*Asks:* 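Below are the structure tokens for one structure; questions will follow.
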Amino acid sequence: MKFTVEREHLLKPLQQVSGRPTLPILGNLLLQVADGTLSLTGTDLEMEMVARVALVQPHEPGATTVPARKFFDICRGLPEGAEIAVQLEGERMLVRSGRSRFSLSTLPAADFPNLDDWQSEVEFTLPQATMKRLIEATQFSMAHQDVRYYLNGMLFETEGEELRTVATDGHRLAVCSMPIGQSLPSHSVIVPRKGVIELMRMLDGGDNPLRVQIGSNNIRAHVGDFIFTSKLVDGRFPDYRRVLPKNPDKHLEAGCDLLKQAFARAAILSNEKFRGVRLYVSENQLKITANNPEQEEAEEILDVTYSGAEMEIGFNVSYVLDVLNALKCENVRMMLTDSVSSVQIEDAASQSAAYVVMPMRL
Amino acid sequence: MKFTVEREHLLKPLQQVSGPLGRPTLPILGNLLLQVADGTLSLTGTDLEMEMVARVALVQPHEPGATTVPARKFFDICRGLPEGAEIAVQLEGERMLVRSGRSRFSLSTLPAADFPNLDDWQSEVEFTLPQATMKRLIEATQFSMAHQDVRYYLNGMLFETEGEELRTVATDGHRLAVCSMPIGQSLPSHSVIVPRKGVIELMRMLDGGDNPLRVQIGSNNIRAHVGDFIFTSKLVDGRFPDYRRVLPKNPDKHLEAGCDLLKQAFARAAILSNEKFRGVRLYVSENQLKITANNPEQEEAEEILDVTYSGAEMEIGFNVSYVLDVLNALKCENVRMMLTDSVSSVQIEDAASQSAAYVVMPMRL
Ligand SMILES: Nc1c(CC(=O)O)cccc1C(=O)c1ccc(Br)cc1
Ligand SMILES: [Ca+2]
Ligand SMILES: [Ca+2]
Ligand SMILES: [Ca+2]
Ligand SMILES: [Cl-]
Ligand SMILES: [Cl-]
């Protein structure tokens with residue numbers, strides 16, 4: 001195996017495939033020269049990323065694996081414009097550029113783990129911007145290290161012509177749906193949280209669409225010359241349709257920024273261990289109050305649009321701030337039922353994302 | 001006590017005086033002292049080793065008096081209010097009420113009388129210097145300070161007045177940094193240890209403007225005045241190592257090289273150095289440097305560079321992190337390494353200036 005290529009052509013591929021490993025070979029990249037192509041592959045056993053680089057300078061086929069981070073840091077640390085010559089020499093891989101030389105340890109390409117082969121059952125394309133919107137809208141509501149493993153990822157659901165994401169940790173839920181102009185079978189799978197992250201990282205923001213393939217136990221995404229594949233998570237994800245409040249009859253509209261800053265300020269004098277605030281809803285007015293063990297008190301009064309019965313209801317500050325930060329809105333609609341029931345929250349101008357938040361007792 | 005102030009008149013002062021303060025040992029140490037007197041709001045934060053005081057002119061109606069309130073909470077409130085907001089503040093016994101628009105905050109107080117103050121002390125030396133000079137002096141050496149060493153004095157930074165120069169020295173027992181800058185006045189000879197957190201505060205108060213820095217030093221305190229801020233620290237009582245005895249005696253061998261090429265070569269070689277011991281080898285020959293690294297995985301890096309060097313060949317090992325720290329602190333065009341042999345320290349300087357010197361001990365590889 002032998003190739004020479006510009007540093008410039010390696011940097012993006014290396015960054016993508018490089019994303020303490022539980023087994024040494026999982027800290028290595030698989031390098032393969034075949035035809036006029038260098039392929040680079042990274043994997044953590046649950047997912048993998050493959051990148052391709054065209055070779056025009058003399059090259060020789062073959063394959064090996066080398067330490068990912070070291071190889072990346074070497075390439076990145078060489079000067080702009082550098083040409084990098086690489087050749088496998090028994091147990092080492094020699095990397096040369098200018099009067100810099102590096103000898104890296106190898107592990108056999110034969111050892112490099114592959115995902116058990118699988119079959120695509122559902123396929124579609126969509127714009128990168130759309131996938132980005134869908135993930136960003138809901139990612140923050142995924143569980144972290146919940147024993148209910150299926151909550152640690154994100155539901156991807158096809159229905160009609162829409163792709164939908166759902167995420168929840170049992171206390172708050174996020175759902176976002178976007179049309180993609182293709183008639184789709186109804187289908188639902190759970191992508192693990194590291195997969196969601198990896199998938200976001202491969203989006204750059206061109207009009208070049210993403211190609212998605214979904215199997216019974218895998219998801220694959222192709223964009224540019226990168227191919228990402230992840231295992232899916234087993235289990236029965238919650239049905240957002242049953243989480244949405246049935247009759248959230250009390251509708252309140254507020255400015256998003258004003259609401260956010262009122263929450264943030266009042267939270268300063270909330271309990272540090274469990275930060276929440278009390279909302280008193282009255283005709284065209286919202287009062288937000290916080291109290292702490294030191295008997296300190298914050299109060300914020302806001303003008304809002306609300307006509308309906310008065311009620312007091314408490315919320316975790318972070319849950320509401322997370323939602324407002326995901327909506328990036330001009331005005332927000334809060335749809336309330338009573339003091340002990342979850343609230344539904346949306347951009348006042350769009351129904352494509354919705355958030356459900358359990359109340360907090362204070 | 002009453003005052004009303006525009007958010008931005010109050011905000012940077014609040015930020016600044018909260019500097020010496022996470023989890024305060026006792027509640028008062030988490031508070032700022034507020035004093036309204038003679039048209040001025042004074043704010044003070046302390047950690048018992050040092051104090052930062054800010055004076056804020058009051059152009060709106062006010063009433064004198066003093067209290068203490070939680071620093072972080074008060075700052076976060078003020079920062080969190082809208083740009084240009086008017087902040088009205090009044091002491092009401094056990095609480096201090098802050099009002100702005102339809103935002104209200106009640107903060108718990110502790111008596112001004114309980115706020116600790118540094119003892120009176122007398123200044124024995126005084127001078128003014130440009131902020132940029134103090135910045136230069138500190139940045140040149142701060143990285144060589146020890147970290148939680150039992151020789152407590154190595155955790156601070158030596159400041160020395162001598163001739164027309166102010167000097168800083170820092171060392172952790174393995175490498176040393178020393179930097180001297182002219183300021184234009186003759187000074188009596190003083191040598192004081194500024195505590196770690198003091199160095200950080202001196203740096204924080206440099207606003208990057210043309211307000212000069214005024215320094216006063218006593219036997220057990222240092223004070224710095226910039227604009228409307230006054231910083232005071234106790235000095236560390238200890239026996240700091242003398243740098244003059246650390247500088248290699250007769251470094252006969254002088255190498256010059258481009259700083260950035262040298263840095264980037266070391267940086268790449270470091271990748272394949274021992275993760276704990278970080279050893280690299282330098283081979284010095286006529287107008288050439290070769291840098292090699294290897295690790296327990298039997299991986300190897302080699303870098304060859306053109307340098308200016310005449311005279312006897314030699315080989316010497318160094319901790320590459322210590323070397324990179326020096327090159328990063330020098331930030332210049334060309335560097336001079338002054339060498340003796342494989343068992344002796346190296347002295348490193350900007351080739352174009354003797355104002356900063358660095359001493360790094362060798363490693364047996
Ligand atoms: N059905 C759920 C499961 C699956 C299961 O327990 O078998 C797990 C966690 C939550 C739910 C909810 O119904 C739920 C309710 C309100 C909000 Br806000 C978010 C989720
Ligand atoms: Ca991977
Ligand atoms: Ca929806
Ligand atoms: Ca000097
Ligand atoms: Cl030393
Ligand atoms: Cl070599």
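Just so we're on the same page: letters track the sequence lines, and every chain starts at 1. Each ligand, and each atom within it, is numbered from 1 in the order the structure gives. For this deposited structure, the header notes the method as X-ray crystallography, 1.7 Å.
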*Asks:* Specify the drug or drug candidate modeled at ligand 1.
*Replies:* bromfenac
*Asks:* Could you tell me which macromolecule makes the most contacts with bromfenac (ligand 1) here? Its name in the PDB entry would be great.
*Replies:* DNA polymerase III subunit beta
*Asks:* I'm curious which other chains are hanging around bromfenac (ligand 1) with a heavy atom under 4.0 Å away - can you tell me?
*Replies:* A
*Asks:* Quick test of your reading of the structure: of A:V356, A:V343, A:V243, whose heavy atom lies closest to atom 16 (C) of bromfenac (ligand 1)?
*Replies:* A:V243
*Asks:* Extract the source organism field for chain A from the entry.
*Replies:* Escherichia coli
*Asks:* I'd like to check which bromfenac (ligand 1) atoms, numbered from 1 as shown, lie under 4.0 Å from a non-hydrogen atom of A:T168.
*Replies:* 19 (C), 20 (C)
*Asks:* Answer side chain, backbone, both or neither: which part of A:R148 comes under 4.0 Å from bromfenac (ligand 1), heavy atoms only.
*Replies:* side chain
*Asks:* Going by the atom numbers of bromfenac (ligand 1), which of them fall below 4.0 Å from some non-hydrogen atom of A:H171?
*Replies:* 18 (Br)
*Asks:* Could you check whether any heavy atom of A:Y150 sits closer than 4.0 Å to an atom of bromfenac (ligand 1), since that is the contact criterion I want to use?
*Replies:* yes
*Asks:* By chain and residue number, what forms the binding site of bromfenac (ligand 1) with heavy atoms closer than 4.0 Å?
*Replies:* A:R148, A:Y150, A:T168, A:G170, A:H171, A:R172, A:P238, A:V243, A:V356
